[PDB]
S.K.: 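Quick one: structure with CB3717.
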Protein chains: 2
Amino acid sequence: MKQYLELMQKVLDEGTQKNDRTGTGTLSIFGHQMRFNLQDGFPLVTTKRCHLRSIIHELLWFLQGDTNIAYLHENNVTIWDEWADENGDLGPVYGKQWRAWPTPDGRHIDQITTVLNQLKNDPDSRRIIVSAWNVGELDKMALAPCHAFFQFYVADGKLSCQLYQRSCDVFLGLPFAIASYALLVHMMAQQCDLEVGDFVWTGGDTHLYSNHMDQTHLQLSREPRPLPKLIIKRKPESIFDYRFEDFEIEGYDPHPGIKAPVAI
Amino acid sequence: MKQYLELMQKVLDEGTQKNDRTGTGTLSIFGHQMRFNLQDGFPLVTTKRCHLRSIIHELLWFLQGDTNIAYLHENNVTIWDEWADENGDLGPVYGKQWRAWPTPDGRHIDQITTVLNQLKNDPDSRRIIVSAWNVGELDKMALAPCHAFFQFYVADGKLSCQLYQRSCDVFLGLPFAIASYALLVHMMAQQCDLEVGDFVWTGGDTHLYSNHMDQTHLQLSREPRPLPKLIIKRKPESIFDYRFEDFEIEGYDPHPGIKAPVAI
Ligand SMILES: C#CCN(Cc1ccc2[nH]c(N)nc(=O)c2c1)c1ccc(C(=O)N[C@@H](CCC(=O)O)C(=O)O)cc1
Ligand SMILES: C#CCN(Cc1ccc2[nH]c(N)nc(=O)c2c1)c1ccc(C(=O)N[C@@H](CCC(=O)O)C(=O)O)cc1
Ligand SMILES: *c1cc(=O)[nH]c(=O)n1[C@H]1C[C@H](O)[C@@H](COP(=O)(O)O)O1
Ligand SMILES: *c1cc(=O)[nH]c(=O)n1[C@H]1C[C@H](O)[C@@H](COP(=O)(O)O)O1
């Protein structure tokens, strides 16, 4: 996608060499933002083939409140295996904070239902936020959240969303986060009888791994294709009731996949 | 400053009329970012005069872990007075979160000591974050944090920082915020023996109140003047030991102030 390919070029044109936790070495910039108008097409990268199957299942798992990879496993998604313990648990990550953030006084707050109530009854609120960054539980989490926080906004019957990603693996991680949160905006909007607006992505440490540079340049030599279209075949009674079978991507003709190693 | 005035113009050209909480009316956009190179000067507005004594006393109050306005009163600062109860308490806002985030089991995490140690022991970290967005205690706070989140970053021995502001009043709150966070980056850099980098400001709902339109137009005709220089006259033993006396602002020659009503 043009916006994505421009960021890769920016990391490469004005980035600094930084070392990191995984020992690998990164090229890095701090602070970046980009906007995708959802009405132009579903923002799934076309310069390398993406696997949408895993994006969809990971999101439905999140909305269940689940932090154990069993569900993903019975759906043949292995993207979180490396971080899971012996029992498949990842600790209180995303799904637990979204559906049941713990308070000091014994309650648990379901940030996804409160947000949905807010978009229906108070869509002009400036507080329609969901946070995964729970300071007091980070130590129990297998990996600290990279998509730490997000915010919805309504204008002219359109629902927009801004994500703040604290750390970003541009080659591997960013195609996943863009499609996952664009898919969430479509579901939310359907349930609140809104039209979709903009997905806005803001990054903290935005970086390219040293062992992904050849792949990055191969990708940068491609022209973007026209964006695919998302058709949801059913309107569930609640956002927690969507199924994989309800989503259909059409008009997706991507460039061949490019493989590259993950850093654990 | 050039980029502040360019955002004021952007809001006036593209803003949507939204009816907000107080019933005044805002013109707003969603999603905006600005970079400020701190080597180039302290980003204090010169198209109107701001007062640093509130900016400095409020930050020092924050790092103290205090949420009661008595200190502010003793130092002639009135900025928070409308939101404080009969006893002067604001409830568990910034000060409580920054120095004693309440974990579910009754412990407390001192986010600024953590951040200090991370900058001195693991500066390449992509997790150097302080959060004021404590979902479990939001109902107890007199007003939900507008400055919700910020992340530090170190590259080439320079300290950068990005702030996420969920809701912004471009006219009053935004000059305050930029100076407040540029000050904290200078204090942190002094205590960690680092040089200063960039302040990145990312906002959610960025707006102009309808009853500030005249005042905005006055400000948009003034030409920005050279930025000031911040001189910290004493290196204290710790980040919690600074005093108001220690800071001086050279070269500040603003245009006269513009008075404008606050919306409660
Ligand atoms: C974000 C997120 C979730 N995650 C979690 C996650 C956790 C830690 C990370 N760590 C690092 N260094 N980079 C990452 O992108 C990353 C991603 C992902 C995990 C794996 C793949 C991956 O291996 N990419 C393959 C996927 C193949 C498939 O889906 O079947 C690819 O083809 O690109 C992508 C996302
Ligand atoms: C940021 C922040 C904290 N805050 C808190 C705070 C709380 C609620 C708000 N509500 C609204 N509608 N706008 C705000 O900017 C706002 C700010 C501030 C409070 C007052 C001023 C203010 O009135 N500015 C005067 C200061 C004059 C002085 O005493 O020196 C000015 O005109 O410059 C700024 C910031
Ligand atoms: C974290 C998870 C995700 O969904 N997307 C990402 O881009 N990442 C990346 C960031 C970094 O490369 C690594 C996480 O480790 P760290 O805490 O940033 O050091 O995976
Ligand atoms: C909050 C605090 C600050 O430092 N700066 C700000 O601009 N504000 C503004 C945002 C909004 O105009 C109002 C807070 O109310 P709301 O929760 O956004 O509705 O003060």
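Here is the naming used below: chain letters follow the sequence lines, and residue numbers restart at 1 for every chain. Values below: every heavy atom of this structure, side chains too, minus hydrogens, waters and symmetry copies. Both counts, for ligands and for their atoms, begin at 1 and track the order of listing.
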S.K.: So, about CB3717 - where is that in the structure, copies and all?
M.R.: ligands 1 and 2
S.K.: Find the chain in most contact with CB3717 (ligand 2) and give its name from the PDB entry.
M.R.: thymidylate synthase
S.K.: Any idea which other chains have a non-hydrogen atom closer than 4.0 Å to CB3717 (ligand 2)?
M.R.: B
S.K.: Protein heavy-atom contact under 4.0 Å for atom 28 (C) of CB3717 (ligand 2)?
M.R.: yes
S.K.: Considering only heavy atoms, which residue marked active site by UniProt in chain B comes closest to CB3717 (ligand 2), and how close, to 1 Å?
M.R.: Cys146(B), 6 Å
S.K.: For CB3717 (ligand 2), which atoms have a heavy atom of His51(B) less than 4.0 angstrom away?
M.R.: 28 (C), 30 (O)
S.K.: For CB3717 (ligand 2), is there an N or O atom under 3.5 Å from any N or O atom of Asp169(B)?
M.R.: yes
S.K.: Looking at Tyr209(B), which atoms of CB3717 (ligand 2) are within less than 4.0 Å of one of its heavy atoms?
M.R.: 12 (N)
S.K.: Under 4.0 Å from atom 7 (C) of CB3717 (ligand 2), do we find at least one protein heavy atom?
M.R.: yes
S.K.: One residue to check: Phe171(B). Relative to CB3717 (ligand 2), which of side chain, backbone, both or neither has a non-hydrogen atom less than 4.0 Å away?
M.R.: neither
S.K.: State whether the shortest distance between N or O atoms of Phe176(B) and N or O atoms of CB3717 (ligand 2) falls below 3.5 angstrom.
M.R.: no
S.K.: Looking only at distances, can you tell me whether any N or O atom of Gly173(B), backbone or side chain, sits closer than 3.5 Å to an N or O atom of CB3717 (ligand 2)?
M.R.: yes
S.K.: Look up atom 33 (O) of CB3717 (ligand 2) and tell me if a protein heavy atom lies less than 4.0 Å from it?
M.R.: no
S.K.: Okay, heavy atoms under 4.0 Å: who's in the binding site of CB3717 (ligand 2)?
M.R.: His51(B), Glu58(B), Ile79(B), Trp80(B), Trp83(B), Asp169(B), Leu172(B), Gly173(B), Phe176(B), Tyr209(B), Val262(B), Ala263(B)
